[PDB]
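Depicted below, paromomycin in association with 25S.
Chain letters run A, B, ... following the sequence lines, proteins first and then strands; every chain starts at 1. Remember, it's 1-based here, ligands and their atoms both numbered in the order they're listed. All heavy atoms count here, side chains included; hydrogens, waters and symmetry mates do not. The entry is not shown in full; contacts are counted within the portion that is.
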Amino acid sequence: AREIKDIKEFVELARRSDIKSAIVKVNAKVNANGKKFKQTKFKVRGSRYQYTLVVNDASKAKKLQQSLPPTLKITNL
Amino acid sequence: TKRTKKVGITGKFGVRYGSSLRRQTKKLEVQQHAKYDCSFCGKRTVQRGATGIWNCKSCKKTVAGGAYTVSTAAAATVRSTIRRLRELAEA
Amino acid sequence: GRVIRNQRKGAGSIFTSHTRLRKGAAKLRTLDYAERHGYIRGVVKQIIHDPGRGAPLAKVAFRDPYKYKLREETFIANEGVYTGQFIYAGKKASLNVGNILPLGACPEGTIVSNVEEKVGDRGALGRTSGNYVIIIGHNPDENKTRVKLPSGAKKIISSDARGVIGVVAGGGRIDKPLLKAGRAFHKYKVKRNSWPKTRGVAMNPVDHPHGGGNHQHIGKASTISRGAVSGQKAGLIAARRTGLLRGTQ
Amino acid sequence: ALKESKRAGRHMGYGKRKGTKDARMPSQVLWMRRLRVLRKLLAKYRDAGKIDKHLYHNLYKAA
Amino acid sequence: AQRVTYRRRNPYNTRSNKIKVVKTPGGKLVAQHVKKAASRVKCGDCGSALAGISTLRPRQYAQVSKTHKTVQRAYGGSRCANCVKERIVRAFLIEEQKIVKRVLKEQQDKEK
Amino acid sequence: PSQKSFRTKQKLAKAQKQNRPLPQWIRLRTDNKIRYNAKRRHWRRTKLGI
RNA sequence: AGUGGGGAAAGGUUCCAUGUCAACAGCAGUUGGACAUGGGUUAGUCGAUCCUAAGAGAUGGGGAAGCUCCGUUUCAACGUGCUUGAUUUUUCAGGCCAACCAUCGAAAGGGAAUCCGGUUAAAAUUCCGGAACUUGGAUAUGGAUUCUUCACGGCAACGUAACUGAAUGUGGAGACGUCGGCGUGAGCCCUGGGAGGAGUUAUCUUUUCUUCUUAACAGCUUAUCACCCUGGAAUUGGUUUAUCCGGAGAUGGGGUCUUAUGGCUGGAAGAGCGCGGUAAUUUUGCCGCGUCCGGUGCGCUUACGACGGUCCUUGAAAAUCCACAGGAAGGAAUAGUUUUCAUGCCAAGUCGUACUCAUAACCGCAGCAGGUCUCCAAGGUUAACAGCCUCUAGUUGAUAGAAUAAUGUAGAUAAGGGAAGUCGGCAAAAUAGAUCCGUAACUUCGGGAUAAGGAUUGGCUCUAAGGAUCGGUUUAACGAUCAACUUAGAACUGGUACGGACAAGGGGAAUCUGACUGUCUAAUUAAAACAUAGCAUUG
RNA sequence: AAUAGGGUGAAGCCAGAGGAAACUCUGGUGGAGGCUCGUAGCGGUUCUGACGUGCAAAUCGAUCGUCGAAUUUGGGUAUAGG
Ligand SMILES: NC[C@@H]1O[C@H](O[C@H]2[C@@H](O)[C@H](O[C@@H]3[C@@H](O)[C@H](N)C[C@H](N)[C@H]3O[C@H]3O[C@H](CO)[C@@H](O)[C@H](O)[C@H]3N)O[C@@H]2CO)[C@H](N)[C@@H](O)[C@@H]1O
Ligand SMILES: NC[C@@H]1O[C@H](O[C@H]2[C@@H](O)[C@H](O[C@@H]3[C@@H](O)[C@H](N)C[C@H](N)[C@H]3O[C@H]3O[C@H](CO)[C@@H](O)[C@H](O)[C@H]3N)O[C@@H]2CO)[C@H](N)[C@@H](O)[C@@H]1O
Ligand SMILES: NC[C@@H]1O[C@H](O[C@H]2[C@@H](O)[C@H](O[C@@H]3[C@@H](O)[C@H](N)C[C@H](N)[C@H]3O[C@H]3O[C@H](CO)[C@@H](O)[C@H](O)[C@H]3N)O[C@@H]2CO)[C@H](N)[C@@H](O)[C@@H]1O
Ligand SMILES: NC[C@@H]1O[C@H](O[C@H]2[C@@H](O)[C@H](O[C@@H]3[C@@H](O)[C@H](N)C[C@H](N)[C@H]3O[C@H]3O[C@H](CO)[C@@H](O)[C@H](O)[C@H]3N)O[C@@H]2CO)[C@H](N)[C@@H](O)[C@@H]1O
Ligand SMILES: NC[C@@H]1O[C@H](O[C@H]2[C@@H](O)[C@H](O[C@@H]3[C@@H](O)[C@H](N)C[C@H](N)[C@H]3O[C@H]3O[C@H](CO)[C@@H](O)[C@H](O)[C@H]3N)O[C@@H]2CO)[C@H](N)[C@@H](O)[C@@H]1O
Ligand SMILES: NC[C@@H]1O[C@H](O[C@H]2[C@@H](O)[C@H](O[C@@H]3[C@@H](O)[C@H](N)C[C@H](N)[C@H]3O[C@H]3O[C@H](CO)[C@@H](O)[C@H](O)[C@H]3N)O[C@@H]2CO)[C@H](N)[C@@H](O)[C@@H]1O
Ligand SMILES: NC[C@@H]1O[C@H](O[C@H]2[C@@H](O)[C@H](O[C@@H]3[C@@H](O)[C@H](N)C[C@H](N)[C@H]3O[C@H]3O[C@H](CO)[C@@H](O)[C@H](O)[C@H]3N)O[C@@H]2CO)[C@H](N)[C@@H](O)[C@@H]1O
Ligand SMILES: NC[C@@H]1O[C@H](O[C@H]2[C@@H](O)[C@H](O[C@@H]3[C@@H](O)[C@H](N)C[C@H](N)[C@H]3O[C@H]3O[C@H](CO)[C@@H](O)[C@H](O)[C@H]3N)O[C@@H]2CO)[C@H](N)[C@@H](O)[C@@H]1O
Ligand SMILES: NC[C@@H]1O[C@H](O[C@H]2[C@@H](O)[C@H](O[C@@H]3[C@@H](O)[C@H](N)C[C@H](N)[C@H]3O[C@H]3O[C@H](CO)[C@@H](O)[C@H](O)[C@H]3N)O[C@@H]2CO)[C@H](N)[C@@H](O)[C@@H]1O
Ligand SMILES: NC[C@@H]1O[C@H](O[C@H]2[C@@H](O)[C@H](O[C@@H]3[C@@H](O)[C@H](N)C[C@H](N)[C@H]3O[C@H]3O[C@H](CO)[C@@H](O)[C@H](O)[C@H]3N)O[C@@H]2CO)[C@H](N)[C@@H](O)[C@@H]1O
Ligand SMILES: [Mg+2]
Ligand SMILES: [Mg+2]
Ligand SMILES: [Mg+2]
Ligand SMILES: [Mg+2]
Ligand SMILES: [Mg+2]
Ligand SMILES: [Mg+2]
Ligand SMILES: [Mg+2]
Ligand SMILES: [Mg+2]
Ligand SMILES: [Mg+2]
Ligand SMILES: [Mg+2]
Ligand SMILES: [Mg+2]
Ligand SMILES: [Mg+2]
Ligand SMILES: [Mg+2]
Ligand SMILES: [Mg+2]
Ligand SMILES: [Mg+2]
Ligand SMILES: [Mg+2]
Ligand SMILES: [Mg+2]
Ligand SMILES: [Mg+2]
Ligand SMILES: [Mg+2]
Ligand SMILES: [Mg+2]
Ligand SMILES: [Mg+2]
Ligand SMILES: [Mg+2]
Ligand SMILES: [Mg+2]
Ligand SMILES: [Mg+2]
Ligand SMILES: [Mg+2]
Ligand SMILES: [Mg+2]
Ligand SMILES: [Mg+2]
Ligand SMILES: [Mg+2]
Ligand SMILES: [Mg+2]
Ligand SMILES: [Mg+2]
Ligand SMILES: [Mg+2]
Ligand SMILES: [Mg+2]
Ligand SMILES: [Mg+2]
Ligand SMILES: [Mg+2]
Ligand SMILES: [Mg+2]
Ligand SMILES: [Mg+2]
Ligand SMILES: [Mg+2]
Ligand SMILES: [Mg+2]
Ligand SMILES: [Mg+2]
Ligand SMILES: [Mg+2]
Ligand SMILES: [Mg+2]
Ligand SMILES: [Mg+2]
Ligand SMILES: [Mg+2]
Ligand SMILES: [Mg+2]
Ligand SMILES: [Mg+2]
Ligand SMILES: [Mg+2]
Ligand SMILES: [Mg+2]
Ligand SMILES: [Mg+2]
Ligand SMILES: [Mg+2]
Ligand SMILES: [Mg+2]
Ligand SMILES: [Mg+2]
Ligand SMILES: [Mg+2]
Ligand SMILES: [Mg+2]
Ligand SMILES: [Mg+2]
Ligand SMILES: [Mg+2]
Ligand SMILES: [Mg+2]
Ligand SMILES: [Mg+2]
Ligand SMILES: [Mg+2]
Ligand SMILES: [Mg+2]
Ligand SMILES: [Mg+2]
Ligand SMILES: [Mg+2]
Ligand SMILES: [Mg+2]
Ligand SMILES: [Mg+2]
Ligand SMILES: [Mg+2]
Ligand SMILES: [Mg+2]
Ligand SMILES: [Mg+2]
Ligand SMILES: [Mg+2]
Ligand SMILES: [Mg+2]
Ligand SMILES: [Mg+2]
Ligand SMILES: [Mg+2]
Ligand SMILES: [Mg+2]
Ligand SMILES: [Mg+2]
Ligand SMILES: [Mg+2]
Ligand SMILES: [Zn+2]
Ligand SMILES: [Zn+2]
């Protein structure tokens, strides 16, 4: 599994022709000194590698979720 | 302090093998573990590998020598004999 | 009786030489046009220890005169030869330590090693550490040279036969006592199975002509004829004399 | 409870010792410990300028 | 403490049957078989380890890019920097001295 | 051993198949004289030879 | 250093489930490695297969009456050669080489590639789930590069996503002995806070035990050594536990590189672990919470790193992979090249895989106190992996009952004497650890030596000594914080005991003999016999 | 492929002292050796112990030799009846 950091790079990758499905994982965490925050992991399963994008902001995650191609099957965990 | 009066390097042999055999061993074993002057770089960094093989640590020059010294007296004499015969032959 | 230890060695079962660790056969170059008419130059890459040998060996790289390739030769290292030295071999090679010259090209008194018995056999005489061959004189009409060998024998060889200038390296090895059975064990671990040796007088009469007796003793003269047969030649074979060597020979 | 007793020094008398002085505390370890303490201080003083490189070299060979 | 077993039929501590001990996500402790450590690429002139070249077991070099296996210079992955510098200087000085030795024997082919 | 050749394993399959008891319907044949398998082999008692 | 958990050899179904007691398990038997019936061993990644080792062994040949013997490139015309442009004319045109080259020979050598969780009555690195990798083949898109055609940057070490390279040549890796200390990591051991669970609780104990884990693989980052630039050194400096380096360029300043190792992240919490609440004959669950942050070290094991010693000993080969030198050939502009950059497509056949590895699965006629190669290795005491007790795991198996004469076998003790016994101190006893003191003749000066001979040793309460990391005009000669067990001494104390079990030399004066270490009569002789270095003779 | 834990303390190296010199002395460091005590291992001294129709066609018990090298050992391989 390889990690992707740039969100723009991630959406173009999600429309690669070999991408079967995707996983959206929600992790409840805490900003150390701060308080609870909700991390979301977007995982795209390609032919060779699984690509993970970590989005610590719960709102840009929701926008990203509506920015993925509608054809991909998405499993919510 | 001085640890041994006379055995030196052969104190590793204890009392065995005979004093005559141990003191005769001491001369050649001091010679074979010494550092010699490199005729190439000038440092005292030439040490023995196997018998007849003498390497310099600094300039990494290896020279063929004697069993326990870099040069035997017989070889040094031959070099001068060869040097001598070379001068007359080449005028 | 039984086959004695002399006779079991010819079959060579456990008496072959231990050669796994050997670094190649020490030979001169094959005598070619360049050595026969002029000289060729090579460079020393290595001077290495050869197991079972007191003399170190030198690996010398020459160019091949006829095809684009490097040829590595295994010479017997003469003392004073160093890594990176240029070695010159041939009729026109100069009188420097390590150069390979025909015997006729060396003046009287020249110390030479790895000498050819016959022209082109690539070295037969004076190959062990500290040993050498002295050139005593020349016979130009028949093209032959007289030399003195390490055993003290004088020999006449073709002047076209080659030799290496200098003394074989590693001499003085015998000056130090071994001091231990283990040292001889390690010495012969890479030579052959000839150590340790049981005295024939300590065997039974089946095992040896010296075996037997209610005391350990040979019983008959230990000088054996040259014309004796295998199984009898144990002791001093064709001995011209016995006893402490007194005076000059 | 023993480890506090042994830290306070109990059960360490001559009748409680089976190894030699050097197996219990090697003299080579004590020497190495000491000479690293001395070398570390000398570089601290020379690097702070409290002593110069000439006094440093003499004391390095003395240590 | 938990103890481990070999993972293969070889029961002997040979050079190719070396193991490491690793803790699993199950909180268990298993032996993990390690591959032999790679040796460094070495200089063909001086025998020193060449800088800038990855140290891998030989078959692993075929499937990795060229920048890992070379240095942008003459004799890049074969000789060290200092050994090429001596080659360049030696080649230059020796080829220059050949000219001096040639001209000197054309001057002596008109005076001697 | 666990590591065995095919030729060995094929002999061990035949050795297992030859170690059956006699099928009981064989005693009912007319003029049948065989009452039991007289060539039984236990692994610990008599060894094969592989 | 197991009666634990696996394996190699060897066995071959002994493995698992069901039934079962005629024989076998030297009593028994409802039990079994017995008997009967069924079931069970899943691989591109684990081994074979490939390579070569000591060695074995065809061929041309040469011997031999011959079975056959020799020889391994040998007095040999030794390629079932390759590489292209092709040609579709299934013909060719040619271009290169052919020192060496049949082959077998390793389940411990060499060697392409897999991990975790879960799963069975019995299989699992093989199955399920997920996540990867290698080799071979095919191949398009993106990127890269070119009008200065086959890329740029850096003084340099060298850096980069790529970024032509034939014949031929050269290197590297493959690839290696042994010992010693130092350093670092990992696992284990020890330990703090906090969040759970269990035990003790007459009394004490903020207590005792336990869960708090993170794979292969991918990215970023991380280095001693080595190297580069600068600079030019005696008042010689730098420096290791261990003394080596420097005008052949040190110290200083700044950089480059290499596996190993750590860190962060993806894999990955969804897994696994620990709790609480529940569904229900119930296949099997479902729900909720936590799974966090540290410290310590002459600790143990092991790997790596930089070093030092050693040898009349210098410590495999080959398969295989890569790089370089070289400059053949082929290459753009209205377009050219390349699959050593990324991504994408297809495939990986054959045989082994259960179980035992031993006081019951092997060999010793056997379920035999014997023999048989190897991996992992907790706490206390301790120098210690010894001995003794314990945690995990595993066993509680050895016919049994009742008695306790003689004589036994194994083991203890004994008044006074102390070898008078006896061939003979055989056997037993005595000594025994550690600290301090002290230690003869003789000697090859190395030893003798733990010579001999003396003293001390518990427990408790104290005292003293020995470090680390930071903080600034050189009184930091000090403060702050942290930290390991070592050493020395004192007071008190007790039926004078104290290496309290365990563990653990008796010593001395001489003669004969072999110098020593070493070796042999497996199964009556271990010696003064053999060997050995040294010495000498012979060819 | 395998070999606990200790003892001794050889070269080399550092510091100090004495001497006119040649040199010597002292305190450390260091970690040599077919060195040593002693496990495993390998061996097999004595009890002339046990047993001696044995557990065993060579074992058992204590005691003992050696235990870093001429060490121990697996597998492959070679040598074959005068
Ligand atoms: N003058 C000839 C000398 O032979 C010497 O040695 C020769 C021989 O003594 C030596 O013996 C070799 C043996 O090693 C190896 N097995 C090869 C060869 N068969 C043997 O050779 C021998 O056998 C041959 C028969 O073949 C006979 O001529 C003779 O008995 C003998 N030369 O091999 C050499 C020839 O092959 C030296 N090489 C050199 O001095 C010189 O060549
Ligand atoms: N490998 C062959 C080589 O050539 C030779 O080999 C020898 C053999 O071929 C043959 O020697 C025979 C031997 O076959 C046979 N079985 C024993 C006989 N004693 C030997 O004979 C030899 O030695 C004797 C004794 O000194 C002499 O009298 C006789 O002249 C001599 N030929 O002749 C050669 C000796 O003359 C060399 N001895 C040696 O380099 C090597 O063996
Ligand atoms: N992911 C970490 C490392 O990254 C490597 O990836 C790197 C390699 O592919 C290549 O690394 C180069 C390489 O040319 C050659 N080995 C020399 C150079 N020093 C390396 O350099 C690289 O690695 C260093 C070290 O972290 C980095 O600091 C540096 O930025 C980076 N360019 O360039 C990549 C850039 O990082 C390995 N692929 C990987 O297996 C390894 O774990
Ligand atoms: N420039 C040095 C080179 O030495 C070479 O000579 C050596 C090589 O041919 C061969 O050396 C091998 C090497 O080929 C191979 N790639 C592995 C390793 N690098 C070397 O190993 C050599 O040295 C190591 C040192 O520990 C030893 O263990 C090993 O026994 C020895 N063969 O063995 C020779 C003797 O050691 C050649 N003369 C040539 O390539 C060149 O001159
Ligand atoms: N694919 C072949 C393999 O590639 C490997 O490549 C590894 C390296 O490139 C890189 O290793 C880095 C290392 O560079 C860096 N300096 C330290 C870092 N901890 C390592 O990381 C790696 O190794 C550690 C263990 O040390 C693992 O815990 C970690 O998961 C793993 N990523 O990460 C890769 C992890 O597989 C190794 N070179 C070697 O095992 C082998 O060549
Ligand atoms: N770690 C130091 C460095 O790494 C290497 O050294 C490593 C080993 O090679 C070295 O081993 C020792 C060495 O300490 C000692 N002073 C000399 C000895 N000959 C070496 O031994 C070597 O000899 C054999 C020969 O067959 C080599 O094949 C093998 O690498 C190594 N065992 O010790 C190191 C172990 O960490 C390089 N030699 C060199 O770069 C440097 O010394
Ligand atoms: N491919 C199967 C592999 O080869 C063997 O299997 C092969 C053989 O049993 C059999 O091979 C026969 C051969 O026996 C017979 N004497 C000649 C016949 N032409 C072969 O046939 C085979 O081989 C030819 C090439 O020769 C192929 O072209 C053909 O496709 C193949 N069927 O045909 C099978 C197919 O190749 C092993 N038995 C098998 O275990 C292994 O996996
Ligand atoms: N000193 C060492 C210790 O001696 C201990 O042993 C002690 C006692 O067991 C031993 O007693 C032995 C007795 O066992 C043995 N079987 C016979 C002997 N007569 C006794 O000896 C005793 O009594 C005699 C009477 O004359 C006196 O000399 C004295 O009191 C004592 N030695 O006397 C020893 C003390 O002198 C243990 N063996 C052990 O802890 C350790 O070895
Ligand atoms: N280094 C020895 C030390 O002696 C210590 O104790 C020793 C002394 O301290 C002590 O002696 C003291 C004495 O100092 C003081 N001046 C008088 C006192 N009576 C003595 O004590 C004595 O008597 C007392 C009863 O009073 C009892 O405990 C016992 O009989 C004895 N210790 O008794 C020992 C006599 O030597 C410890 N016993 C020991 O652990 C420690 O190592
Ligand atoms: N029968 C009496 C006892 O059994 C012994 O038999 C020996 C072994 O059977 C027994 O087992 C050893 C031991 O280290 C441990 N307890 C188990 C280990 N697997 C075995 O170790 C060894 O066994 C054999 C034989 O010794 C070795 O050849 C082999 O290298 C090794 N595996 O240990 C004994 C040696 O210590 C001896 N017969 C005798 O000395 C001993 O007192
Ligand atoms: Mg991912
Ligand atoms: Mg003898
Ligand atoms: Mg006799
Ligand atoms: Mg006779
Ligand atoms: Mg006679
Ligand atoms: Mg006689
Ligand atoms: Mg006799
Ligand atoms: Mg006699
Ligand atoms: Mg007489
Ligand atoms: Mg004389
Ligand atoms: Mg105290
Ligand atoms: Mg010391
Ligand atoms: Mg090793
Ligand atoms: Mg059997
Ligand atoms: Mg049979
Ligand atoms: Mg134990
Ligand atoms: Mg069963
Ligand atoms: Mg019964
Ligand atoms: Mg019954
Ligand atoms: Mg059955
Ligand atoms: Mg494999
Ligand atoms: Mg195959
Ligand atoms: Mg061969
Ligand atoms: Mg043949
Ligand atoms: Mg024929
Ligand atoms: Mg064959
Ligand atoms: Mg093969
Ligand atoms: Mg074979
Ligand atoms: Mg293999
Ligand atoms: Mg699961
Ligand atoms: Mg599993
Ligand atoms: Mg199982
Ligand atoms: Mg799978
Ligand atoms: Mg570019
Ligand atoms: Mg190897
Ligand atoms: Mg070691
Ligand atoms: Mg080491
Ligand atoms: Mg460590
Ligand atoms: Mg892996
Ligand atoms: Mg490390
Ligand atoms: Mg090139
Ligand atoms: Mg299994
Ligand atoms: Mg048994
Ligand atoms: Mg047992
Ligand atoms: Mg049988
Ligand atoms: Mg019994
Ligand atoms: Mg009874
Ligand atoms: Mg009793
Ligand atoms: Mg009495
Ligand atoms: Mg009385
Ligand atoms: Mg008395
Ligand atoms: Mg009497
Ligand atoms: Mg006695
Ligand atoms: Mg004493
Ligand atoms: Mg005495
Ligand atoms: Mg007498
Ligand atoms: Mg003796
Ligand atoms: Mg004598
Ligand atoms: Mg006997
Ligand atoms: Mg004896
Ligand atoms: Mg005996
Ligand atoms: Mg003798
Ligand atoms: Mg003579
Ligand atoms: Mg020791
Ligand atoms: Mg010894
Ligand atoms: Mg001993
Ligand atoms: Mg022995
Ligand atoms: Mg016995
Ligand atoms: Mg008896
Ligand atoms: Mg009886
Ligand atoms: Mg013993
Ligand atoms: Mg064998
Ligand atoms: Mg016969
Ligand atoms: Zn030099
Ligand atoms: Zn170089």
Place of paromomycin in the structure: ligands 1, 2, 3, 4, 5, 6, 7, 8, 9 and 10
Are any other chains within heavy-atom reach of paromomycin (ligand 3) at under 4.0 Å, and if so which? E, G
Find all residues with any heavy atom less than 4.0 Å from an atom of paromomycin (ligand 3). E:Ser54, E:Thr67, E:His68, G:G159, G:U160, G:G219, G:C220, G:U221, G:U222, G:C257, G:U258
Ligand and ion contacts of paromomycin (ligand 3) below 4.0 Å: ligand 5 (paromomycin)
What molecule name appears for chain E in the entry? 60S ribosomal protein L34-B
Organism for RNA chain G, per entry: Candida albicans
